[PDB]
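Chain letters run A, B, ... following the sequence lines, proteins first, then strands; residues in each count from 1. Order of appearance sets the numbers: ligands from 1, and atoms from 1 within every ligand. When the header is checked for method, it gives electron microscopy, 2.8 Å.
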Amino acid sequence: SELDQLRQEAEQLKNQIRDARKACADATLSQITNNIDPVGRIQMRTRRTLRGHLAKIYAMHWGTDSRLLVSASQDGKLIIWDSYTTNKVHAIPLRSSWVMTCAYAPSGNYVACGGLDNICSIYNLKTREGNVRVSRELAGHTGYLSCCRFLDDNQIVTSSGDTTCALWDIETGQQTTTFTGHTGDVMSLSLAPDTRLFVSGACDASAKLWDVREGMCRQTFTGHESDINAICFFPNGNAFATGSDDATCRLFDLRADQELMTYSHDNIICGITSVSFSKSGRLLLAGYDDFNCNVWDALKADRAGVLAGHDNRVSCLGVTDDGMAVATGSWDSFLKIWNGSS
Amino acid sequence: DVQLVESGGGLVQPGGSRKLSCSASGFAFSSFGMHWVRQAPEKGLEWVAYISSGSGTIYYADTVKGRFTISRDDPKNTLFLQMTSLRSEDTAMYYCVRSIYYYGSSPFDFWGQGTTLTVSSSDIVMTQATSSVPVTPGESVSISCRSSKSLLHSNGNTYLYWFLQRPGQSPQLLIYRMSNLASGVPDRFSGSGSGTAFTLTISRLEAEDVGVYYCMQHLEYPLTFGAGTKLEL
Amino acid sequence: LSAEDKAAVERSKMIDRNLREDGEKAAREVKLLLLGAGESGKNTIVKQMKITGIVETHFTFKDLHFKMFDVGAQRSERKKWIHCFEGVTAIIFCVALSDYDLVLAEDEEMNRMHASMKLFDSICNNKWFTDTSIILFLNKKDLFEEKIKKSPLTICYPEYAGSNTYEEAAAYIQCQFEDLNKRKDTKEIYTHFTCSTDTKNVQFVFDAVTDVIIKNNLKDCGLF
Amino acid sequence: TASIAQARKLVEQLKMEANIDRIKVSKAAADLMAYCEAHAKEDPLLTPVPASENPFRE
Amino acid sequence: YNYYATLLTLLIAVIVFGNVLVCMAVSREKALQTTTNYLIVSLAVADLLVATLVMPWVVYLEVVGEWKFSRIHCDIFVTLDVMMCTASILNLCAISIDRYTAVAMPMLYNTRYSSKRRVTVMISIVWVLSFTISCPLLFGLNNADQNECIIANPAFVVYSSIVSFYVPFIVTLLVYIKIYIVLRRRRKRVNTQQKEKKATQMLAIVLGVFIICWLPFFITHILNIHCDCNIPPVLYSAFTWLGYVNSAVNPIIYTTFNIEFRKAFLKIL
Ligand SMILES: CC(C)C[C@H]1C(=O)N2CCC[C@H]2[C@]2(O)O[C@](NC(=O)[C@@H]3C=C4c5cccc6[nH]c(Br)c(c56)C[C@H]4N(C)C3)(C(C)C)C(=O)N12
């Protein structure tokens, strides 16, 4: 009487919103980018090979100054690096050795990392003492934490395996807003440059964008047939790019409210561990788990280059804020740093 | 918070052996690189010795080379300076200084209280233009410091450090690497300059800004303090 | 290279030394995975051997550190965190023998024993554990002997001979889990019947882990 | 009543997203392309910087 | 003999071909970079040194039948020949100790840092001891004439042969027996099979080839002194080549039979 009455109205709305997307889809992005020149072969060499890890690297985030970078590893060690001079800035002994994620604060003060322990421990780097201590042990999630991005020194958005994202307060140590929209385990996060919105893809093959002010699911994107593992924003904050296990990266647009491009090649059938953008956004760096990274072209869906220096599968790759170098971290315990050569 | 209190000395015949013990509490002593700096009565500071973290690389000054040995014990968190064959020149106040070294680090940030050892009876020459300037609180004062060698290194940052020493108090870091500010200093202090002739500009003086301003170079050892500008309210 | 830069390298060398030493200690300790239903006697083994999220239990038996990860508390999909556990020595896999007649709580169409075998099929035939041996424990040996006389094993299996004694039925249950293993040359199942004695359960783990380590060593050496 | 509560939230959520006004792809594609053209010179990965300007030198 | 020289020339290619491929494969693949394989690389490098620094000079000497080079050149040739061959034999004893370590004391071999330290110690001891044995020969204790240069001092060879060949052979035979005792005992316990069968085959093949190749030449030297009886020169020559054949057979016995290495062969071909 009511269960099937609402199940038919839900499928009607879903049908009603796909007709709107089709109607506003007169052209694709494959047609507005034919007249522009191609990117060419982006041959980026391995400038540095950050080593010292003895186990698999799960995540790495850059800094605001585009020099320091934080690495999360399986051995229970969170290492802050110096990309230029290749010397360890810090190496935090972690309480859990199954750290799935780590971010670096935009001010450089704190570093967060959570994993299978389901707590995103926020470490205070710039402290009065020598050692790096635990500011707060954020707890309240039921599943594994897959991302811990920073809005600022006081607010951290975290994605978890209990199908919920949560906007944490660092001072009080409690959730201020809990984003409960997915039916599958959430794997990614990506903060917008204006820090108001954030999209996060889950294992239900859907990427939802949540506002941090109101706290509800602004939009919902579909199209993938497998689990979305990594999303990053185009540097406007108007488009994100997903990475699934079907070897397809899609370029969903927020104002058009649908997919623009499909970054997929025939020879690759493997998963997409990490996605990233350049400063301009022309190059879409996607980290495939067939041991190498493909330098996709965002506007043309052309494989401009291949970062093929890693023996085991690349897990997290990030590009600096100035866009200088892309550092890719694989499971062979090497954070190679890649940069173009003139 | 953090506290360095060093004891040992005060009555030593010339040629004697006095061992200075610096007891460190409240911080991770093993991480920091310890410094001993000496200050003669009504004279400028001189750098004595440095031990790195883990006792890897130990630097001495030219005047104290071969006579003084610096040792650190990491479990007891104690810094030991063994001073042998003391001269008339070695009457000074020895400060136990802790320094950290990484990108964005603030070395020479915390300073010991100091112990007085009195006795009975080439490198970058850091000079300063004036020695004492009478100024009033509330106006902008510019203390200059001219280096003999260009402190700008190839990596990009110039290693000049500003230290404020109050009368009857220990020195403190307030500007490190000529542009950045230490933890606890207000934003009224601003360091500028380019290449060699570096300068420090205070926006507004207060009662807690009176003292002596030094300008240590840190491009290469030995570390050279300039003859400080005394300020009188 | 400036004095600040040289001391920063000296700090990194000190970080390198401690990080290498910690990795040496991490290599010495033996990681082993723990999968169970949660009410199937997994808890019983953890309390005996010791005397939300992951639970880590450290116990030393004979000149060896054992690290155990109790990952049954997470209700998420296994596919997106089982790849962390690729480098591991063994997988302790607790299955109660009393679960053959008891129905599963969530759906009750499938028996608890069949659900455990579905869990076993996923972990054994996983692409990440093609070389990692599995240690299987049959937890409720005491309860199973009493229950089998009252209720036969025929309710769980359409195809079964019908012996209805402990000696032959338990061996058949052991056979069923071993048959689910598709790859027999790379990984071997080590079945054990869990008893109340604390020493016996830990002894089997020490024996099996030592046996698995020798197989890894011999494969690396090349005698295999 | 768990199924009914979940159904009501899902139906309400879909209605909210449907009211959001969406622009054409052609206008949206041009704006995304415009950002790339504007910041093409600034990007080091798109156009490789010289080795002196590059902080990463072999 | 020109026809006899032609077959010997072919052997030179076989030793180089197997050893070059195995050394390159280990560097390329991280799977082949394990603890035991590094010692196998030492053997392969030692065989290449026999193939390049030693083998053409031996071939040339057979054709001419008389040492036409300088006296100083022969002393270097004798020093290299003894050292590189001893290095090959001692590497097999090093592999024996390494393989025995894995079975007897699994904890030490399992840990990567401790095992890496062992490889550095083992490679150092093997190469330095081989140099130490050949060190007196370099000075000039070879008492050969200027016309024909062969090792003519019997006293030195006896002491040298014991350390170079006899002492490791007693260790190598005993160690592989001990490894076989544990594998046989383990096989009985499991039965009370494919991996154990192959392991039994490997142990027989490893000891067998070493006995077939290196052992004849050394036995003759001891036998000749004790009997005080003349022996034909051809016997020393024939057994010397047979001992060299093992260097060609060394990659096949150690590298090829393992399953992981077989993939490296397919990539090259
Ligand atoms: C050792 C003496 C008894 C053999 C002697 C000899 O009598 N020859 C007659 C014709 C061939 C020649 C000889 O075999 O050929 C010569 N060379 C050799 O026989 C080489 C010398 C060897 C040797 C001598 C002493 C201690 C040793 N430990 C080890 Br490991 C070896 C070794 C390796 C072994 N290599 C394989 C052969 C000349 C060409 C240099 C030689 O010295 N020969």
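Contact analysis gives the chain with most pairs under 4.5 Å to ligand 1 as the one UniProt calls D(2) dopamine receptor. PDB records give the name of the drug at ligand 1 as bromocriptine.
The other chains with any non-hydrogen atom less than 4.0 Å from bromocriptine (ligand 1) are E. Residue contact annotation: E:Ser160 has a non-hydrogen atom under 4.0 Å from bromocriptine (ligand 1).
Contact annotation for E:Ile133 and bromocriptine (ligand 1): no heavy atom of the residue comes within less than 4.0 Å of the ligand. The protein heavy-atom contact nearest to atom 2 (C) of bromocriptine (ligand 1) is E:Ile151 O, 4.2 Å. Residue E:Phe218 has no nitrogen or oxygen atom sitting less than 3.5 Å from a nitrogen or oxygen atom of bromocriptine (ligand 1), judged on distance alone. Scanning the protein for heavy atoms near atom 3 (C) of bromocriptine (ligand 1), the closest one is E:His221 ND1, 3.6 Å. Here the shortest heavy-atom distance to atom 40 (C) of bromocriptine (ligand 1), taken over E:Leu137, E:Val78, E:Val58, belongs to E:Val78.
Nearest non-hydrogen protein atom to atom 34 (C) of bromocriptine (ligand 1) is E:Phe217 CE2, 3.8 Å. Nearest protein heavy-atom neighbour of atom 20 (C) of bromocriptine (ligand 1): E:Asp81 OD2, 3.4 Å.
Chain E, UniProt TM segments numbered from the N terminus, heavy atom closer than 4.0 Å to bromocriptine (ligand 1): 3, 5, 6, 7. Nearest protein neighbour of atom 1 (C) of bromocriptine (ligand 1), counting heavy atoms only, is E:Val157 CG1, 4.0 Å. Using a 4.0 Å cut-off between heavy atoms, E:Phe77 contacts bromocriptine (ligand 1) through its side chain alone, with no backbone atom that close. Counting protein heavy atoms only, atom 38 (C) of bromocriptine (ligand 1) is closest to E:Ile150 CG2, 4.2 Å.
Counting protein heavy atoms only, atom 27 (C) of bromocriptine (ligand 1) is closest to E:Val82 CG1, 3.9 Å.
Distances from atom 42 (O) of bromocriptine (ligand 1) to the protein include at least one heavy-atom value under 4.0 Å.
From the protein, the heavy atom lying nearest to atom 30 (Br) of bromocriptine (ligand 1) is E:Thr86 OG1, 3.1 Å. Residues with a heavy atom within 4.0 Å of bromocriptine (ligand 1): E:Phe77, E:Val78, E:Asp81, E:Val82, E:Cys85, E:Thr86, E:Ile89, E:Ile150, E:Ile151, E:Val157, E:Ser160, E:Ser164, E:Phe217, E:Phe218, E:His221, E:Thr240, E:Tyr244.
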Show me the short polar-atom pairs for bromocriptine (ligand 1): any N or O of it lying under 3.5 Å from a protein N or O, with distances only.
unit_1, atom_1, unit_2, atom_2, d
bromocriptine (ligand 1), 42 (O), E:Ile151, N, 3.3

